[PDB]
Undergrad: 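Here you can see salicylic acid bound to PaaK-like ligase (AMP-dependent synthetase and ligase).
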Amino acid sequence: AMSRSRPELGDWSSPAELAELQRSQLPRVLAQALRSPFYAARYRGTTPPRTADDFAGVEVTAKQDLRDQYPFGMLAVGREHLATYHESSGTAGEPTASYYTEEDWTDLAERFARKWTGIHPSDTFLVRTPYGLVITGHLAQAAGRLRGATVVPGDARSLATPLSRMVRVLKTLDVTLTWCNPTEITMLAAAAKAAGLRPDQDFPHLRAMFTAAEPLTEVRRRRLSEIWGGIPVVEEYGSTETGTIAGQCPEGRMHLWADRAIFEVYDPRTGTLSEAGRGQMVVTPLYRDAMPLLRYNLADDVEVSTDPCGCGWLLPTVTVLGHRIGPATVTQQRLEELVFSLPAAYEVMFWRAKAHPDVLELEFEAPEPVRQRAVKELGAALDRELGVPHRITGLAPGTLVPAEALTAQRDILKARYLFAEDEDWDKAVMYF
Amino acid sequence: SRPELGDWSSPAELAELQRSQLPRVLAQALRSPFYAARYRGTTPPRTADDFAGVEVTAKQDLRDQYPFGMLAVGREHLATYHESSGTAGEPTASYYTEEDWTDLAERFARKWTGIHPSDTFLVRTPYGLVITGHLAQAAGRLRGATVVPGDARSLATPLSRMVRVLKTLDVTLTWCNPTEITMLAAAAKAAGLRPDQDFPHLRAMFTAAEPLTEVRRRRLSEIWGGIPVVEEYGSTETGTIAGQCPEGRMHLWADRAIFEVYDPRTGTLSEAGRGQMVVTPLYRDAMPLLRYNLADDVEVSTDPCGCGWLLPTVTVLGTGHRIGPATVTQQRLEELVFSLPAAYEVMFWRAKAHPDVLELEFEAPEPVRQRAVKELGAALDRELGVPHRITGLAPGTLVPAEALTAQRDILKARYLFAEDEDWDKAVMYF
Ligand SMILES: Nc1ncnc2c1ncn2[C@@H]1O[C@H](COP(=O)(O)O)[C@@H](O)[C@H]1O
Ligand SMILES: O=C(O)c1ccccc1O
Ligand SMILES: O=C(O)c1ccccc1O
Ligand SMILES: O=C(O)c1ccccc1O
Ligand SMILES: O=C(O)c1ccccc1O
Ligand SMILES: [Mg+2]
Ligand SMILES: [Mg+2]
Ligand SMILES: [Zn+2]
Ligand SMILES: [Zn+2]
């Protein structure tokens with residue numbers, strides 16, 4: 001590496017060489033970790049870990065530790081070196097703070113930019129995740145700028161950017177790439193149809209859709225691809241606290257970015273850490289100064305395999321998993337496979353289910369002509385695959401996902417205090 | 001590379017710094033479909049002298065050329081794409097190269113209070129398509145300040161959460177519109193924090209996007225413990241084109257753009273006086289603008305300022321209503337509302353011009369309400385002489401308690417729920 005310090009795919013040719021690329025960083029990482037109040041307090045009366053060998057003995061860092069240290073208990077650098085500050089999704093009541101130096105950001109941007117489809121100057125990249133405190137909009141934008149793509153900041157959950165306006169942007173700007181959660185991929189598809197555009201034909205420049213943030217079955221991922229004309233739906237896995245830790249290969253598996261972090265699986269029964277198997281995703285990022293994390297337990301239920309993939313990347317794969325009803329165990333993943341196995345022509349995208357002690361209640365939207373078939377087929381799928389008692393109800397479109405979410409436009413107004421006689425002064429101080 | 005405050009020592013040297021860029025700027029402008037079509041079949045302007053004759057560019061031209069009619073570079077050289085606030089029905093597209101962004105970031109970073117690594121900077125403006133959030137964030141990154149991306153109009157970041165962030169992160173700088181400054185002050189009290197005492201690290205508040213009287217600006221400062229409220233002037237299409245000096249005048253960033261005043265009656269352009277703000281940015285390659293008429297009503301003065309910056313000053317107006325004998329502007333009413341004593345806590349108000357009467361409502365606590373109505377009535381009598389119907393309202397009437405106190409979990413879509421959970425958050429989870 002003449003110019004770059006941080007590793008790339010191909011700097012190692014064996015699992016043995018990957019482990020050495022990792023362990024060589026641990027002295028710096030362990031020295032940096034001890035600079036934070038949290039780790040200096042953890043190792044108070046003892047000898048701190050310093051060497052790659054000492055790492056074996058290092059205690060897990062829990063989500064609750066990150067919350068107890070709010071806001072800067074995990075901080076290992078002077079505040080003058082921070083570039084951005086972030087907070088996690090979930091509960092507003094117990095915030096999880098994350099923060100990054102400029103150089104931390106180069107590692108974050110590189111990991112997001114590991115998109116098998118590429119990101120190029122030729123791309124127009126719609127970033128359709130929130131920019132409010134969470135990292136996700138900032139992360140995609142930073143990766144877009146790193147690779148020279150035109151970034152369209154769509155934001156998400158903003159009154160400035162309803163779906164109708166995103167559909168017009170996708171079409172008229174010839175957008176080539178999107179970043180949004182998998183539910184937003186279906187929201188955009190429904191908004192396109194309500195504008196009289198066919199997601200499968202009317203966006204010929206759209207070449208890939210980047211997604212994360214929800215457990216996503218291959219059956220649902222394939223349907224989302226088919227809705228949008230058979231283009232790749234490129235999954236990644238991360239968190240505000242870690243950045244992107246795994247990205248899809250051309251074969252459709254997520255591979256751990258183990259050159260940039262030590263990945264371990266925590267068995268909460270035994271409290272053992274292992275390089276692979278089923279249990280809780282544990283991460284030690286190797287290229288971060290501001291907020292060192294030693295064996296941070298994301299508490300996501302994962303399966304990590306060192307088994308080779310068809311792609312040939314020399315990295316482990318990860319599946320992210322994320323209610324029992326009499327004899328059967330019913331998961332969202334299993335129901336999602338059954339819902340998204342209904343024929344595409346039935347247009348079933350929006351659904352929800354509740355586990356009662358004795359019965360699974362499930363609702364979905366479908367057009368009237370196909371609704372009774374969709375109810376019957378999905379019932380028979382549940383009988384055949386799970387054998388749970390069910391109450392399935394088909395609903396009119398606009399019942400779960402209202403028409404106004406899909407078609408309403410909103411002016412981006414500023415506060416006004418003086419109105420003409422014929423104006424609505426309801427928009428005076430509450431103008432959003 | 002690009003000029004800094006102090007690189008010119010006279011108005012004559014400033015004009016030379018400008019005119020020297022015009023050949024490049026005029027050549028770049030002609031690369032766009034719009035300007036190539038405008039000067040089709042004629043000889044195009046090429047020299048600093050030719051600039052005098054150049055036709056104004058209207059906001060309607062930017063709308064008519066949606067999306068990339070104003071584009072002077074290959075799309076491969078674009079860094080970001082933006083759209084303006086106002087009507088959703090007629091989008092105004094703008095776009096910038098990486099080098100365009102350095103000029104934008106430098107102009108925003110011209111804050112007389114500075115932006116430093118020692119700063120923690122809450123950006124509380126939208127990131128959704130408009131430039132505003134992205135502009136403040138790029139300036140914070142340029143100057144090394146810790147950027148806290150608050151966003152605005154996002155379900156992710158309600159006022160209650162911004163107030164907790166202001167306090168617990170020791171935020172030193174904010175960027176938000178002047179109404180948001182009062183919204184945050186009301187939200188702070190609802191969270192049990194006194195804006196005038198409980199934010200000791202807050203040192204300055206940056207604001208723009210509303211016509212702002214000195215009387216209102218001073219009150220916003222007093223609400224937040226007497227710290228500077230630093231106004232700038234800009235637009236979603238240009239970024240910051242003027243910034244406040246320590247004397248409280250906004251100075252035009254004329255080293256980065258030629259500023260002219262348009263008389264719409266005659267279509268005469270002038271270096272100073274009354275009329276419509278016209279801007280020709282000098283360091284803007286993706287989307288060249290020749291004499292872009294912002295259509296803001298402004299007064300430009302070349303008079304020297306005590307601050308010692310050798311740049312013209314600008315006052316920004318906004319067009320008001322006849323009510324019997326008198327003409328009432330928002331700015332005039334705002335001066336009267338914000339001349340009520342601070343202890344009355346009149347911040348939220350609205351008014352309607354009828355042909356015969358000014359209807360005005362504001363929130364004030366019950367003990368002060370009748371005095372506030374009487375004093376404000378006498379101010380209107382004394383200053384405007386318009387008939388008025390003034391009503392005092394309970395706090396929570398114009399700005400509801402919910403907007404100030406509601407917390408909102410940042411949920412993701414969920415499809416399987418337990419019996420006792422709210423499944424209304426399944427697909428509509430915002
Ligand atoms: N591709 C994915 N599949 C499943 N869950 C995901 C995926 N990406 C992100 N997540 C979830 O989202 C979390 C990130 O949370 P946050 O930092 O609050 O945005 C992860 O810890 C997972 O629980
Ligand atoms: O909410 C989202 O849209 C989202 C998308 C990707 C990653 C994290 C997120 O919160
Ligand atoms: O869920 C997230 O916040 C997230 C953040 C970074 C990258 C991928 C992700 O899903
Ligand atoms: O909407 C805002 O809060 C705002 C603030 C500053 C400048 C432009 C803006 O729209
Ligand atoms: O919209 C504004 O009034 C504004 C002001 C300064 C900078 C960016 C902006 O959009
Ligand atoms: Mg580019
Ligand atoms: Mg810094
Ligand atoms: Zn693979
Ligand atoms: Zn001055």
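So that the names make sense, note that chain A is the first sequence line, chain B the second, and so on, each numbered from 1. Counting starts at 1 for both ligands and their atoms, in listed order. What you see below is based on every heavy atom in this structure, not just the backbone, and it leaves out hydrogens, waters and symmetry mates.
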Undergrad: Which parts of the structure correspond to salicylic acid, copies included?
TA: ligands 2, 3, 4 and 5
Undergrad: Write down the other chains that contact salicylic acid (ligand 2) with heavy atoms under 4.0 Å.
TA: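 Chains with a heavy atom that close: A.
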Undergrad: What makes up the binding site of salicylic acid (ligand 2) if contacts are defined by heavy atoms under 4.0 Å?
TA: A/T129, A/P130, A/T136, A/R157, A/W179, A/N181, A/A213
Undergrad: With heavy-atom distances below 4.0 Å as the criterion, list the atoms of salicylic acid (ligand 2) near A/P130.
TA: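 Near A/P130, the atoms of salicylic acid (ligand 2) are 1 (O), 2 (C), 3 (O).
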Undergrad: Pairs of nitrogen or oxygen atoms closer than 3.5 Å, one from A/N181 and one from salicylic acid (ligand 2): do any exist?
TA: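 For salicylic acid (ligand 2), there is an N or O atom that lies under 3.5 Å from one belonging to A/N181.
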Undergrad: Run the numbers for me: atoms of salicylic acid (ligand 2), each under 4.0 Å from some heavy atom of A/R157, listed by number.
TA: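 Contacts of salicylic acid (ligand 2) toward A/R157, numbered from 1: 1 (O).
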Undergrad: Show which atoms of salicylic acid (ligand 2) fall inside a sub-4.0 Å distance from at least one heavy-atom site of A/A213.
TA: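 Reading through salicylic acid (ligand 2) atom by atom, the close ones are 4 (C), 5 (C), 6 (C), 7 (C), 8 (C), 9 (C).
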Undergrad: Just wondering, what label does the entry put on chain B?
TA: PaaK-like ligase (AMP-dependent synthetase and ligase)
